[PDB]
**Student:** 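Could you have a look at this structure, given as structure tokens, before my questions?
Note: chain IDs run A, B, ... matching the order in which the sequence lines appear. Chain A residue numbers are taken from the PDB entry; in order, the displayed residues are 13-315. Throughout, chain B uses the PDB entry numbering, with the displayed residues spanning 20-242, 248-328 in order. All chain C residue numbers match the PDB entry; in order, they span 316-637. Chain D uses the PDB entry numbers throughout; the residues present, in order, are 316-637. Both backbone and side-chain heavy atoms feed into the values below; hydrogens, waters and symmetry mates do not. Just so you know, ligand 1 is whichever comes first in the structure, and atom 1 is the first atom listed for that ligand. Heads up: this isn't the whole entry, just a piece of it, and contacts are only counted within that piece.
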Amino acid sequence: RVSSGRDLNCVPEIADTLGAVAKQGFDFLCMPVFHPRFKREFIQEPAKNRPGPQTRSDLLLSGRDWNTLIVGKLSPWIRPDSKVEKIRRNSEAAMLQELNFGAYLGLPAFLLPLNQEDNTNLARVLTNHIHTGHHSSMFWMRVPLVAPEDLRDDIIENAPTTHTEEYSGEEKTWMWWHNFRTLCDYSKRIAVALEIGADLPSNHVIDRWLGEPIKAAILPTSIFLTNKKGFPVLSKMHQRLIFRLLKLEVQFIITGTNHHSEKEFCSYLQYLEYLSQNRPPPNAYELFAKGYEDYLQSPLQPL
Amino acid sequence: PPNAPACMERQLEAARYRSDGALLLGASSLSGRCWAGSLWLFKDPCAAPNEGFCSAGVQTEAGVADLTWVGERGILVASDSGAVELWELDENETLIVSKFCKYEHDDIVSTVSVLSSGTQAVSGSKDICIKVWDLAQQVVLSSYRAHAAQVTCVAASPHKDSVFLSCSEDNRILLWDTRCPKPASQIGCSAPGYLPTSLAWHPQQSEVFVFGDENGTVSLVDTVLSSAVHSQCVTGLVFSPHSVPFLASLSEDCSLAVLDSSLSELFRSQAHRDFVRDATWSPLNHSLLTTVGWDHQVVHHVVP
Amino acid sequence: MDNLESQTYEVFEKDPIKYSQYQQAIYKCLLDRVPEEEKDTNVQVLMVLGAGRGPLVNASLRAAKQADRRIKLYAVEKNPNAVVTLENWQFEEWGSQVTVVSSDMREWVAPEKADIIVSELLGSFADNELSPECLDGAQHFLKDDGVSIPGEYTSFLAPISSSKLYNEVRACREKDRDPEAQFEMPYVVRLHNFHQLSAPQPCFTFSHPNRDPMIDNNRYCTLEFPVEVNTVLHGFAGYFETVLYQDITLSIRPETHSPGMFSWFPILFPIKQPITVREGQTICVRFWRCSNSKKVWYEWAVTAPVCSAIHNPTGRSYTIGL
Amino acid sequence: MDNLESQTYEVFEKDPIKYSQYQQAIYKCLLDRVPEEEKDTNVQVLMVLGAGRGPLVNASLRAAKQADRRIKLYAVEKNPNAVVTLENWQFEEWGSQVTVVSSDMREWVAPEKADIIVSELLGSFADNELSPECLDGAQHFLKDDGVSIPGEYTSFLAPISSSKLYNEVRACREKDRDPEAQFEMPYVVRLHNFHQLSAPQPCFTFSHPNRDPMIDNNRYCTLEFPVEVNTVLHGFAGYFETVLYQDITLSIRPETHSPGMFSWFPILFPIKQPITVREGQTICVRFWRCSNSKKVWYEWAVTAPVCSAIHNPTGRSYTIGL
Ligand SMILES: CC(=O)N1CCC(Nc2cc(C(=O)NC[C@H](O)CN3CCc4ccccc4C3)ncn2)CC1
Ligand SMILES: CC(=O)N1CCC(Nc2cc(C(=O)NC[C@H](O)CN3CCc4ccccc4C3)ncn2)CC1
Ligand SMILES: CSC[C@H]1O[C@@H](n2cnc3c(N)ncnc32)[C@H](O)[C@@H]1O
Ligand SMILES: CSC[C@H]1O[C@@H](n2cnc3c(N)ncnc32)[C@H](O)[C@@H]1O
């Protein structure tokens, strides 16, 4: 059994789409609470007085659905560490607005991305929102296993890709997260949603992550290989990383469009269920200790 | 008109004139219970945006980030769904039907441009992919991942099928030649500046183009010369159909400007009340310029 | 200072007796404000000050149809997450009748003055969510003959002995703060294992609109509660009563409690230290409502049969933000 | 939010170089504002915003006599205990020339607009006593061509290593509060046993009068300090520089320090946790000036060579009251 979620940036009708993904086999949905292209100005007129409503209505779903089925998503134009002052200011206002709306709705988690190196002003705004108002909403930082730049295709003739192995340059994304987390003073409310790319990085990178608070793991459809029949599958090193994560017990999330148009979409999910059932079986220590994981007891003083 | 929807969505994203004089507008619903899109054809432009006084209307499944004319009946659409869809005009030019809707991108499709051939197109997305499409075959010939951030704009050269521009939130401007085994080649400043956002080819010099950045500055380059035109991001740039063309610039400061060739401003309009999204020049009256914004306005300007 | 979550609104919106009491107050006010011969010439300006998700707006529509009069509605709300609900309602249902305003009432410049201002800014102790301050900053856009609904509210207090609740306030001690701070703050609590020692008596009262030349929402009230048993005082229960319009009233006072109205639980002002009380003695409690330019708070002390210590001096433990 | 005692005023009034710098700024401004042929027809409106016990009033009188021009004086003060001094001075000495006002400048409705507004609202880190907010609320009664003295001010920062001062901030731990709160607040301190690691660089700058259409006193500044020794960072020193008028300046920056001016000591933004720094690395510090409708505060963090934690998020440890 595996807790599973679907990611989208396009949801025209919330009722319809939520039903369709739930019928696929998914436990929850990651959507934007605002339209990701609906850019909003807070300072300059005339755009700041744009007439409402700014987003869809909370009544389209029950308190229970917002609490157990939806996961917020910060709009992608919200960039608080922009080099442009006006942009940083609007993005701070927009972040607070989207995160406070998620708190209003009661969302169990809320997604935010670590896609560049400097996320300092982003961290601060989050820290402030954490400390302002009484809530327990969680925050899933979307950080990639290999950075976009370190994954691009070597097709730029006059700016090639560094083919020299860099030990600490391949650990770039971890430091994005270590910095963000250190700036927020290790909040229990801040967790990592680890994005998994097409080509996995050297084993050391993978090893320096499972000490961290992973609550979700993100798999795009583009990494799935096709097998003999026509179903989506995964290489053996990717499968090994999966086995690790299910041991560390996380919520998997599928993103991207259907690339295997011969079979429906629940096939990716079924592949996940497959591996879950077909995992190395639990021994007597693993069966018995289960439930005590990372639980701190004062030590026994039998004198 | 039959099949038309009763209401067109408040946020007008794109507006493009056809050679005869028809206005194609594409609108997206960015707020409210339903987040969809719509395509409309107005053989009379001064009638826009009345749903009752249109020549043809239809509604797509999702918002319309960008579109462009494919000939005189085809319409290329960049859907939030992650799909590039081609809708074609009826024989009588009263209806609009989806010819193909291909879901190849893993995130909002934000740019489409048609190559000089008219049988091939190129799309940019927020998934960091650029795809080259065969409109005939309805499949993707090539899928390039050259950028390190969301692809903001792609603009196909007006005369070479192999050559097109792209710019991304990774501070990169690329020039592409599908004939090279490393198609893309990086243009730009010696030092990191502000993110590029809009690309416009020049209609008469095949190696010259203009780009506008997120800070509101427009620049002219040859494979220097720049002016701070807007206070905010430059969302688009469009050249006039004149013998010596005028440059139209659009911004998120709800203003439009028209520049010459030394990028000296000549026209200035603030009639729009929300982001001024797209601008298209009249093929009949060359001193006439139509603009659409998120304030549901279709505004026509008399340019000197 | 804080904005309510969506489910909070949802639970307190599901209380029928409250909103129908409000409907009827509006109905009676509409009738007494325009006669049968003006029922089509005269449009009443209605301003919901603190509108939420629109239950008072709907009850205003229902009351205007009960009373066959014309109204012009304004829905003023400060919480923008709730405004998203209001503006979607105004699009697909209310239409142009309702004009939605996303502003603080004290800060909003209004197009026209109002005939009636409806408010639901009341707490378990009447004024503890600061209904006074807000409506005083909003009465400047009220017609010189205008009606506030509600028109007045009174808070009530009664001494109680509960060893259970005393222990629970005691357990509410938190690190990084005063170890006695927990007794210097009121609590909304559904009192159950407790002993009311004397019948509630009125404490602070406020009237709207307040046409005094100098408005002062500060207060000082001294109450004497005769007890006819031995007992040990642990706090004071707080209740309230409010006049919506004329004989239409809402109350959580146990004597005159509105039936089936779960919207307000009582409040509890504890005392640090239990005060033993004999048969026949009197309990004297003093209560102050203090404010500055930024916050508002309650101070309170027991003076008979023995003095307590002035609780929450200077709002040092508890303050209500403006 | 607090009013200064009498001896505080007295000590900082005994600094000659400051008040004579102010005298000369006034003198140069008076000359450049009325020519020799208007020296008897034209009376300049002068408003001392934050007047104290009257040292700026006297230096205004002295400057008007140096420059042989006519002035009309207003002494605006908020602290009423200091107003008692001002009003006794105005009775027995200044006479009708000075008009004493006991009000907050942001709140005072003025009879006429001013030619010049003099202010001494500056702290060890320039804006930390909130000169900006006050003068922005007082510039509405400034002539459209008016001059503020001072006209601009800039704050400065420099990383320091001091094991002594780190231990002293550590010892400043107080019960009933966050055990790390003491590192999340600045201190006015006369730095002595310390090691400045890199030359001061400018942080936040403010200009008066600020003719921007939307005034935003919030700030975000990122500074990079190259260090050429191994060392262990314990905080950042704060200094300031201000342009009174033209070339007349005051500064406590050690490079351009005004001589014999003891009025301002430097400020110190500590960091919770010492950060070890190698030869050749760079220290990156970020600083934010944040405000709401009620208070103003500084947040700060170190990002290079290793991240620190955002200090004083939300003003949770330190805030400056409006
Ligand atoms: C449904 C239902 O059967 N039950 C709801 C929960 C319970 N009752 C309460 C009451 C209070 C209490 O009194 N709180 C003080 C508030 O100021 C009250 N007002 C009411 C008006 C209002 C309107 C909208 C949003 C908030 C408020 C707050 N707290 C928590 N549980 C009874 C069972
Ligand atoms: C006489 C004298 O030889 N010494 C006075 C004491 C000592 N110096 C200081 C300085 C400060 C320090 O810098 N504080 C920050 C204040 O904002 C400064 N400003 C100055 C302007 C002013 C005017 C009137 C009243 C207050 C202020 C505060 N603290 C305490 N001791 C030097 C020796
Ligand atoms: C429905 S319970 C109280 C409601 O009134 C709103 N409200 C409270 N105070 C104000 C105010 N000063 N201005 C506007 N709305 C207010 C609250 O945010 C909430 O929606
Ligand atoms: C002389 S040091 C600062 C002086 O300015 C006064 N002051 C500070 N802020 C204000 C204000 N907003 N309005 C009036 N006086 C002020 C202080 O109370 C003190 O006298």
**Student:** Counting heavy-atom pairs within 4.5 Å, which chain has the most contacts with ligand 1, and what does the PDB entry call it?
**Tutor:** Protein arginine N-methyltransferase 5
**Student:** Which drug or candidate compound lies at ligand 1?
**Tutor:** pemrametostat
**Student:** List the other chains with a heavy atom under 4.0 Å from pemrametostat (ligand 1).
**Tutor:** C
**Student:** Tell me which part of C:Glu328 gets within contact of pemrametostat (ligand 1): side chain, backbone, both or neither, using heavy atoms under 4.0 Å.
**Tutor:** neither
**Student:** UniProt protein-binding residues in chain C with a heavy atom under 4.0 Å from pemrametostat (ligand 1)?
**Tutor:** C:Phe327, C:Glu435, C:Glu444
**Student:** Give the closest UniProt active-site residue of chain C to pemrametostat (ligand 1) and its minimum heavy-atom distance, rounded to 1 Å.
**Tutor:** C:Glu444, 2 Å
**Student:** Answer yes or no: does an N/O atom from C:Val503 fall short of 3.5 Å to an N/O atom of pemrametostat (ligand 1)?
**Tutor:** no
**Student:** Can a protein heavy atom be found under 4.0 Å away from atom 24 (C) of pemrametostat (ligand 1)?
**Tutor:** yes
**Student:** Decide whether the shortest distance between a heavy atom of C:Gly367 and an atom of pemrametostat (ligand 1) is less than 4.0 Å.
**Tutor:** no
**Student:** Check C:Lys329 against pemrametostat (ligand 1) and report side chain, backbone, both or neither, counting heavy atoms closer than 4.0 Å.
**Tutor:** neither
**Student:** Looking at pemrametostat (ligand 1), are any other ligands or ions under 4.0 Å away?
**Tutor:** ligand 3 (5'-deoxy-5'-methylthioadenosine)
**Student:** Between C:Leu319 and pemrametostat (ligand 1), find which residue part has any heavy-atom pair under 4.0 Å and reply side chain, backbone, both or neither.
**Tutor:** side chain
**Student:** To which UniProt domain do the majority of residues of chain C contacting pemrametostat (ligand 1) belong?
**Tutor:** SAM-dependent MTase PRMT-type
**Student:** Going by the closest heavy atom to atom 13 (O) of pemrametostat (ligand 1), which one wins out of C:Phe580, C:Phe327, C:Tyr334?
**Tutor:** C:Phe580
**Student:** Just wondering which S-adenosyl-L-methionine-binding residues from UniProt for chain C are within 4.0 Å of pemrametostat (ligand 1), heavy-atom wise.
**Tutor:** C:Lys333
**Student:** Write out the binding site of pemrametostat (ligand 1) as chain and residue number, heavy atoms closer than 4.0 Å.
**Tutor:** C:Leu319, C:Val326, C:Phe327, C:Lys333, C:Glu435, C:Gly438, C:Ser439, C:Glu444, C:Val503, C:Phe577, C:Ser578, C:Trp579, C:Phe580
**Student:** Less than 3.5 Å apart, N/O on pemrametostat (ligand 1) and N/O on the protein: could you list those pairs with the distances?
**Tutor:**
| unit_1 | atom_1 | unit_2 | atom_2 | d |
| --- | --- | --- | --- | --- |
| pemrametostat (ligand 1) | 8 (N) | C:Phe577 | O | 3.2 |
| pemrametostat (ligand 1) | 13 (O) | C:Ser578 | O | 3.3 |
| pemrametostat (ligand 1) | 13 (O) | C:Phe580 | N | 2.8 |
| pemrametostat (ligand 1) | 17 (O) | C:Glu444 | OE2 | 2.4 |

